[PDB]
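Structure containing raloxifene.
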Amino acid sequence: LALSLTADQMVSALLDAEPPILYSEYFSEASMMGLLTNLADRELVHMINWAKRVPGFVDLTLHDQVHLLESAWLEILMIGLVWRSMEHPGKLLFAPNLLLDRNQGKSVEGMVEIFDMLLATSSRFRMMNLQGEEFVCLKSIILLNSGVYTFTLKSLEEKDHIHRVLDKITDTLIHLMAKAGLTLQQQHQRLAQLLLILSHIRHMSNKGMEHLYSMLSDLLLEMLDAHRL
Amino acid sequence: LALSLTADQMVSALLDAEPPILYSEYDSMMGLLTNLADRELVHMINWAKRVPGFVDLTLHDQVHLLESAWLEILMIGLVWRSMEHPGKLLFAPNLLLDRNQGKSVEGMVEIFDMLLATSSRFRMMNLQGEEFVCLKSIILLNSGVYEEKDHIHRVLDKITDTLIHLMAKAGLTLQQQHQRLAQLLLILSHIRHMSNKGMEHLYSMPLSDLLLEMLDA
Ligand SMILES: O=C(c1ccc(OCCN2CCCCC2)cc1)c1c(-c2ccc(O)cc2)sc2cc(O)ccc12
Ligand SMILES: O=C(c1ccc(OCCN2CCCCC2)cc1)c1c(-c2ccc(O)cc2)sc2cc(O)ccc12
């Protein structure tokens, strides 16, 4: 199924799978982390629904689906954020009613360095004029890639399938860039520039997790392990 | 001004700049590993000066990039020379360690397993030497970037051009070329991850000044 999709059909499925932009509740420095936490927790629900619609993801065992989301969920939140913030220089659009600047990040101990890395990524996307079709491909790469090196004959089968699906998303990115008129050299170069940004998003996720710990497996299984009823 | 080399000249320069394999100074694991890494750093600086385009950056930026990249560079080198040693990491020719030795150091075995998994990934893609040296140069120029930045990106673009060249020269289709390029660059996010976890581990147990002093030999 997923391996038979054309590039156009991959783009469409990913665009359709997109989760909604959530809001914060209808503010002060003291309630800031509570609001961000509440937002991230509501976004996780929609993240599971989205991941189940990424072609190939539901072909995996539930254990492997849990592993991939457990590895990727914060990178996925962050790339969503930097995407939402791209048109808001110097600000992070956590939600439409929760647009924060650097100074508001100061107030939470540990956060401004991460806030600064997020802002620079959003500036980098803005410089590259990142398109929504490219965004959804990158977010799907993160889902399938971040946990794939921390996993039997079934496991061997699973990893091959993941890499085949990753290869299809690469084909899709290149097709988008060719459709946009880029020369072949420019296509390869832009693919590389986008994927190297994924290393920076990994970096920010690890710094973020350290920060979050200074202040999940079963929960993901519960949401992922639905009945058929 | 390194933007003028051809792909073959870029490969040849990278291959010729490769550092030597050092031995473990002995004749206490973490002390040995610490001693080795500190001696390898010197040779890493000499290597970096030969990466085309690097020296065209200010010293401040040269230092900044090395400070951000050095553990990732040590790790990918470790993974590369451990390929032919399944289940073991060849820290040095006289310092070949397996998991249970890694387990002896509280907080190491998880990253030890990640390193082992990376070397198995390299062995299973049949990573080539010309590819490896391109990947290390990318780590150097990319890890700390987030006119000077323009230049860094413009060298990074030159390395992507070179990778595609090597793959085309191997007979890969255009589709296979961009597929493998992507697989290689996604491995760099796992190398970043292992460096992040390694730094947390090492620190649970300034550098710029030391790097400056190394650039004076
Ligand atoms: O503030 C958060 C955040 C807060 C709490 C989180 O975890 C809450 C615990 N919960 C456990 C179950 C899984 C979901 C998270 C995660 C992110 C967000 C981010 C962050 C930024 C800097 C930093 O140092 C740390 C985090 S990035 C982000 C993007 C969002 O869409 C929502 C919240 C956020
Ligand atoms: O064990 C080390 C190691 C030990 C000490 C180090 O740093 C010592 C501090 N030193 C201060 C001056 C700057 C250079 C670092 C670095 C790596 C190596 C590694 C490691 C693996 C797992 C893990 O959890 C932590 C580290 S990987 C590696 C590759 C090498 O070529 C050499 C040492 C190593």
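Proteins come first, then strands; the chains are lettered A, B, ... in the order of their sequence lines, and each starts at number 1. Values reported hereafter were calculated over all heavy atoms of this structure, with side chains retained and with hydrogens, waters and symmetry mates removed. Counting convention: from 1, in listed order, for ligands and their atoms alike.
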For raloxifene (ligand 2), which chain wins on contact count (greatest number of heavy-atom pairs under 4.5 Å), named per UniProt?
Estrogen receptor
Tell me the other chains with a heavy atom below 4.0 Å from any atom of raloxifene (ligand 2).
B
Under 4.0 Å, heavy atoms only, figure out whether raloxifene (ligand 2) is touched by the backbone of B:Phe112, its side chain, both or neither.
neither
PDB source organism - chain B:
Homo sapiens
Atoms of raloxifene (ligand 2), numbered as shown, that sit under 4.0 Å from any heavy atom of B:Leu41:
13 (C), 14 (C)
Residue portion contacting raloxifene (ligand 2) (non-hydrogen atoms closer than 4.0 Å) for B:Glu200
neither
Mode of B:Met194 contact toward raloxifene (ligand 2) - side chain, backbone, both, neither (heavy atoms, under 4.0 Å):
neither
For raloxifene (ligand 2), which other ligands or ions have an atom under 4.0 Å away?
none
Counting heavy atoms only, name the option from B:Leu33, B:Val105, B:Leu78 that's nearest to atom 27 (S) of raloxifene (ligand 2).
B:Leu78
Quick one: which raloxifene (ligand 2) atoms are inside 4.0 Å of a heavy atom on B:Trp70?
7 (O), 14 (C), 15 (C), 16 (C)
Region of B:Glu40 engaging raloxifene (ligand 2) - heavy atom pairs below 4.0 Å:
side chain
Heavy-atom proximity to raloxifene (ligand 2) under 4.0 Å: UniProt 17beta-estradiol-binding residues of chain B
B:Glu40, B:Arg81, B:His201
Number the atoms of raloxifene (ligand 2) from 1 as they appear, then name those within less than 4.0 Å of a heavy atom of B:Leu207, with their elements.
13 (C)
Top UniProt domain of chain B touching raloxifene (ligand 2)
NR LBD
Please confirm whether B:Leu115 approaches raloxifene (ligand 2) to less than 4.0 Å, judged on its heavy atoms.
yes
At a 4.0 Å threshold, what atoms of raloxifene (ligand 2) neighbour a non-hydrogen atom of B:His201?
23 (C), 24 (O), 25 (C)
Just distances here: any N/O of B:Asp38 and N/O of raloxifene (ligand 2) closer than 3.5 Å?
yes
Judging by distance only, is a nitrogen or oxygen of B:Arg81 under 3.5 angstrom from one on raloxifene (ligand 2)?
yes
Run the numbers for me: atoms of raloxifene (ligand 2), each under 4.0 Å from some heavy atom of B:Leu202, listed by number.
4 (C), 5 (C), 6 (C), 16 (C)
Out of curiosity, is B:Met29 lining raloxifene (ligand 2), as in a heavy atom under 4.0 Å away?
no
Which atoms of raloxifene (ligand 2) have any heavy atom of B:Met30 under 4.0 Å away?
4 (C)
Hey, could you tell me which residues sit within 4.0 Å of raloxifene (ligand 2)? Heavy atoms only, please.
B:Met30, B:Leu33, B:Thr34, B:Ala37, B:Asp38, B:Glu40, B:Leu41, B:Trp70, B:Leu74, B:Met75, B:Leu78, B:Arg81, B:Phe91, B:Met108, B:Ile111, B:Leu115, B:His201, B:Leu202, B:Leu207
